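Chain A is numbered as in the PDB entry; the shown residues are, in order, 120-164, 216-423. Start at 1 and go down the list; that is how both ligands and their atoms are numbered. Below, each value reflects all heavy atoms present in this structure, side chains not excepted, and no hydrogens, waters or symmetry copies.
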Amino acid sequence: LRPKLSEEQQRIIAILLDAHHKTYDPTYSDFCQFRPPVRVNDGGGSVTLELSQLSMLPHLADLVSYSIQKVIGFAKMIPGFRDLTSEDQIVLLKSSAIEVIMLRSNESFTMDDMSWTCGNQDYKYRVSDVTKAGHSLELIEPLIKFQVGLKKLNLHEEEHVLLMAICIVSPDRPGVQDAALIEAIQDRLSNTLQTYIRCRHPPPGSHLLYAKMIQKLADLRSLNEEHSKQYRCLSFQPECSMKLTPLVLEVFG
Ligand SMILES: C=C1/C(=C\C=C2/CCC[C@]3(C)[C@@H]([C@H](C)/C=C/[C@@H](O)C4CC4)CC[C@@H]23)C[C@@H](O)C[C@@H]1O
């Protein structure tokens, strides 16, 4: 059976598409406002050199900080999100921030050369740029694999925004108070996604797509964990806080 999208479900999708269009600039016109990217010579991938310089950290920190602000804006427009207590809203935002950023970044990722291309060459990020920010291949390699796997699903924008919403409204995040409420909200989003796929997504892969999408969420949890481990080590580097931002410090601290 392929039940049609209810009037409410269609409304949820419209609201999410609008939220994304208002919080994701496909032209990346704000990027020149971030601290400039600095790419030092490190063809050997020296951890000692990378940690002593962290030349790309200021730029990527601003990029991520900026993105967290956009994510907060997006999340506030998710139907039902504002019904939660502020305590639960903040817990959900802090816990999923990095995951949603990895998800939304897929829009600028390109399989042409396995990079995130944001306009001009200065704003093209490769594996080597992330290592210059203090992160290791233990995170980067699985991240690139994740980006490629996601690109291959060829998600409709409707599916993409629903996935980010579902990721944020997760009842199994540490410290959530009203898990039942959060679960009701996520279920409404999950059923909307499942219905949209069986109804609007053409074959091949009509079905199976939902399961592959849910598995990506599991993949994100793992990446989240590894990122946290690496952030901790990074915070041990003297004078590192100045290269970040208050928002990044709170969310990842
Ligand atoms: C942001 C974006 C983005 C790309 C994301 C990237 C490429 C550069 C490295 C990064 C930012 C990794 C990186 C592992 C995270 C890095 C943090 O620890 C930060 C240093 C403070 C996560 C997503 C990935 C560009 C646009 O797609 C908008 C989006 O919100």
Name in UniProt of main chain bound to ligand 1 = Vitamin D3 receptor
Which drug is recorded at ligand 1?
-> calcipotriol
Show which residues surround calcipotriol (ligand 1) within 4.0 Å on heavy-atom distance.
-> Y143, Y147, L227, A231, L233, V234, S237, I271, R274, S275, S278, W286, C288, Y295, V300, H305, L309, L313, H397
Find all atoms of calcipotriol (ligand 1) within a distance of less than 4.0 Å from any non-hydrogen atom belonging to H305, and give their numbers and elements.
-> 16 (C), 17 (C), 18 (O)
Looking only at protein heavy atoms, which one is nearest to atom 2 (C) of calcipotriol (ligand 1), and how far off is it?
-> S237 OG, 3.9 Å
Atom indices of calcipotriol (ligand 1), in the order listed, that fall short of 4.0 Å to a heavy atom of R274 | 27 (O), 28 (C), 29 (C), 30 (O)
Please check atom 10 (C) of calcipotriol (ligand 1) for a protein heavy-atom neighbour under 4.0 Å.
-> no
To the nearest 0.1 Å, how far is atom 23 (C) of calcipotriol (ligand 1) from its closest protein heavy atom, and which atom is that?
-> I271 CG2, 4.0 Å
Specify which UniProt domain of chain A supplies the largest share of contacts to calcipotriol (ligand 1).
-> NR LBD
To the nearest 0.1 Å, how far is atom 3 (C) of calcipotriol (ligand 1) from its closest protein heavy atom, and which atom is that?
-> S275 CB, 3.9 Å
Taking only heavy atoms of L227 into account, list the atoms of calcipotriol (ligand 1) that are under 4.0 Å away from them.
-> 20 (C)
Closest protein heavy atom to atom 8 (C) of calcipotriol (ligand 1), given as residue, atom name and distance to 0.1 Å | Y295 CB, 3.9 Å
Those atoms of calcipotriol (ligand 1) less than 4.0 Å from some heavy atom in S278 = 25 (C), 26 (C), 27 (O)
Short N/O distance, under 3.5 Å, between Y143 and calcipotriol (ligand 1)?
-> yes
Which organism does the PDB entry give as the source of chain A?
-> Homo sapiens
Return the UniProt-listed calcitriol-binding residues of chain A that have heavy atoms within 4.0 Å of calcipotriol (ligand 1).
-> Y143, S237, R274, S278, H305, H397
Output the list of atoms in calcipotriol (ligand 1) that are nearer than 4.0 Å to some heavy atom of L309, sorted by atom number.
-> 14 (C)
Atom pairs, nitrogen or oxygen, calcipotriol (ligand 1) to protein, under 3.5 angstrom:
unit_1	atom_1	unit_2	atom_2	d
calcipotriol (ligand 1)	18 (O)	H305	NE2	2.8
calcipotriol (ligand 1)	18 (O)	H397	NE2	2.7
calcipotriol (ligand 1)	27 (O)	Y143	OH	2.8
calcipotriol (ligand 1)	27 (O)	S278	OG	2.9
calcipotriol (ligand 1)	30 (O)	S237	OG	2.8
calcipotriol (ligand 1)	30 (O)	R274	NH1	2.8

